[PDB]
Amino acid sequence: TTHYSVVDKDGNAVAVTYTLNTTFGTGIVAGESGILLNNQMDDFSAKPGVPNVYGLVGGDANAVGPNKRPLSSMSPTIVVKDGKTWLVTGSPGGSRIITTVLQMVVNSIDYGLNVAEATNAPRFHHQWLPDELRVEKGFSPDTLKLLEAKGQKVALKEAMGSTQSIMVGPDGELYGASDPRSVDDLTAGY
Amino acid sequence: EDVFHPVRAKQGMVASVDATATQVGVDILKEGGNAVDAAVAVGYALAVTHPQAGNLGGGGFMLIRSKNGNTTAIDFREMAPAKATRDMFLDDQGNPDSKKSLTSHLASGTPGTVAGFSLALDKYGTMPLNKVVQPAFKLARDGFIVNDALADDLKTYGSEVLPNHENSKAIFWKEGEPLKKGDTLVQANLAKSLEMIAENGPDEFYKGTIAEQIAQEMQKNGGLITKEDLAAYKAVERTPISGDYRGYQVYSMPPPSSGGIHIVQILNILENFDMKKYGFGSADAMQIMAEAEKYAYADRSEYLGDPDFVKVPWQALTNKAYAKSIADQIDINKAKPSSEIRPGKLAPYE
Ligand SMILES: *[C@](=O)([C]=[N+]=[N-])O[C][C]([N])C([O])=O
């Protein structure tokens with residue numbers, strides 16, 4: 001998985017999410033090309049009803065077929081405010097890519113958090129199947145009682161995603177944030 | 001006042017998972033390249049400094065929005081081999097073999113990255129391919145220092161696959177162990193590939209030497225990717241999926257990605273609530289959002305597929321009426337088992 005965002009001096013913007021699928025893909029280098037080969041074929045529904053590596057399921061719509069592009073969850077995303085590019089984001093995470101991008105958007109619009117605040121905020125996610133409210137460390141013990149109470153089956157787990165985002169000020173100024181979950185990353189500009 | 005502060009810049013900015021790649025992006029912008037140029041250079045740089053996911057042998061998506069508002073998506077996702085079949089990943093008992101779909105030569109799809117980047121670069125960029133690939137070329141030829149991220153990934157995930165293939169082990173393993181933090185990673189063969197692409201364009205990959213190398217690697221090991229597959233591959237510019245949330249317009253990836261559709265769907269659902277009132281981290285906010293997501297993933301499993309092969313009911317899925325009907329089935333003080341949730345009835349929204 002990996003996602004990166006770019007915004008230039010003219011205000012043009014690009015968000016790219018690309019991958020080999022799992023880390024290092026199949027781990028197979030194509031001859032003497034030095035190029036690692038992907039294992040994207042696993043994003044297809046190998047068998048209707050059976051989940052793939054991310055626990056995602058499919059049927060005939062996402063079944064294996066010649067020259068067919070397997071279903072993806074990658075979501076490079078751009079939010080517009082007052083008619084202008086405002087937020088440029090995205091993230092890896094297989095099935096969680098969807099709820100991760102969603103929280104970035106909700107954090108920015110509804111909670112008025114700056115791009116760094118929105119990025120460093122804890123995250124949660126539910127993909128229907130398995131049925132559980134997956135969470136990250138960072139949510140209060142109290143608030144978590146209510147979810148278990150209200151009915152949810154809270155399931156604390158590994159950190160989710162690696163958002164690399166840029167927010168554009170009304171005056172052209174740029175604000176960026178790299179995810180605390182990924183080390184050695186960087187958001188820089190001039 | 002704030003606990004977290006964003007990095008600030010007045011002209012251009014690049015955000016990526018790797019410091020070296022980001023810096024490659026910035027330098028290209030400083031040289032007068034546009035967002036797309038920088039994005040392609042970063043993409044080639046990551047194929048060298050972040051072999052975990054950055055690549056030339058994988059695929060992905062790209063969303064481009066010009067300064068004038070024109071928004072478009074480039075689909076450079078991988079295409080299964082022409083000789084790929086529905087039950088290809090089933091064992092003799094008819095059960096899905098993960099090993100076959102993840103580690104064997106059958107797990108690979110015809111790579112679209114080189115294609116997608118060149119399409120975007122030629123149509124929306126301003127620099128020649130040779131210029132934006134040069135940074136990555138030098139990094140592969142001269143090598144770079146292994147940092148914590150790469151060292152950690154090589155040990156944790158690389159160990160399970162890289163040492164099992166002679167050509168892979170020769171590149172990423174040292175003295176019987178994965179490269180360690182501080183070691184230098186030089187990728188001579190990749191540099192040659194990159195050097196050839198920068199010279200003969202994207203065809204070097206889909207028709208040239210690289211295509212030959214990929215085809216032979218597959219043939220000699222039971223793979224399916226043939227030179228015809230690589231020649232018959234193409235990136236596809238498609239219409240972004242979008243919605244409106246409280247006055248803000250959101251644009252994301254349309255099928256083959258399910259990304260765009262469901263982010264919009266859930267936002268439509270959420271729009272029916274005063275999320276701001278509940279506040280971040282609140283019991284309620286998490287309640288509402290957790291439930292809305294369920295329906296989306298339900299629909300995902302049914303309606304999403306390569307649009308060139310199946311018809312996706314994206315209008316109904318992103319229809320606000322439908323979203324409002326999903327919103328009502330939500331109880332702020334009680335959940336609903338995923339079992340009691342099925343792909344919605346898009347009939348009255350078609
Ligand atoms: C990536 O997040 C890498 N991982 N784990 O997977 C993305 C997935 N193949 C998709 O949604 O396309």
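Below, chains carry the letters A, B, ... as their sequence lines are ordered, and counting in each starts from 1. So this one's X-ray crystallography, 2.0 Å, going by the header. Atoms within each ligand, like the ligands themselves, are counted from 1 in listed order.
The name recorded for the drug at ligand 1 is O-diazoacetyl-L-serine (bound form). The name the PDB entry gives to the main binding partner of O-diazoacetyl-L-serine (bound form) in this structure is Gamma-glutamyltranspeptidase. Every other chain with a heavy atom under 4.0 Å from O-diazoacetyl-L-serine (bound form) is listed here: A, B.
Residues contacting O-diazoacetyl-L-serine (bound form) within 4.0 Å (heavy-atom distance) are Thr1(A), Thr19(A), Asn21(A), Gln40(A), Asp43(A), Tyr54(A), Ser72(A), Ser73(A), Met74(A), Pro92(A), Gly93(A), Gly94(A), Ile97(A), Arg77(B). Of all atoms in O-diazoacetyl-L-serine (bound form), listed by their number and element, those nearer than 4.0 Å to a heavy atom of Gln40(A) are 9 (N). According to the deposit, the organism of chain A is Escherichia coli.
Atom 12 (O) of O-diazoacetyl-L-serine (bound form) has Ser72(A) OG, 2.8 Å as its closest protein atom, hydrogens excluded (heavy atom only). Nearest to atom 5 (N) of O-diazoacetyl-L-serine (bound form) among the protein's heavy atoms is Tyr54(A) OH, 3.0 Å.
In this structure the covalent anchor for O-diazoacetyl-L-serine (bound form) is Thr1(A) OG1.
Given atom 11 (O) of O-diazoacetyl-L-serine (bound form), the protein heavy atom at minimum distance is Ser73(A) N, 2.9 Å. Of the protein's heavy atoms, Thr1(A) OG1, 2.4 Å lies nearest to atom 3 (C) of O-diazoacetyl-L-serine (bound form).
The closest UniProt active-site residue in chain A to O-diazoacetyl-L-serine (bound form), going by heavy-atom distance rounded to 1 Å, is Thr1(A), 1 Å. Which parts of O-diazoacetyl-L-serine (bound form) touch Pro92(A) is read off a 4.0 Å heavy-atom cut-off, strictly below it: atoms 2 (O). Taking UniProt's list of L-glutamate-binding residues in chain A, a heavy atom lies under 4.0 Å from O-diazoacetyl-L-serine (bound form) for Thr19(A), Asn21(A), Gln40(A), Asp43(A), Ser72(A), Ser73(A), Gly93(A), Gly94(A). The PDB entry assigns chain B the name Gamma-glutamyltranspeptidase.
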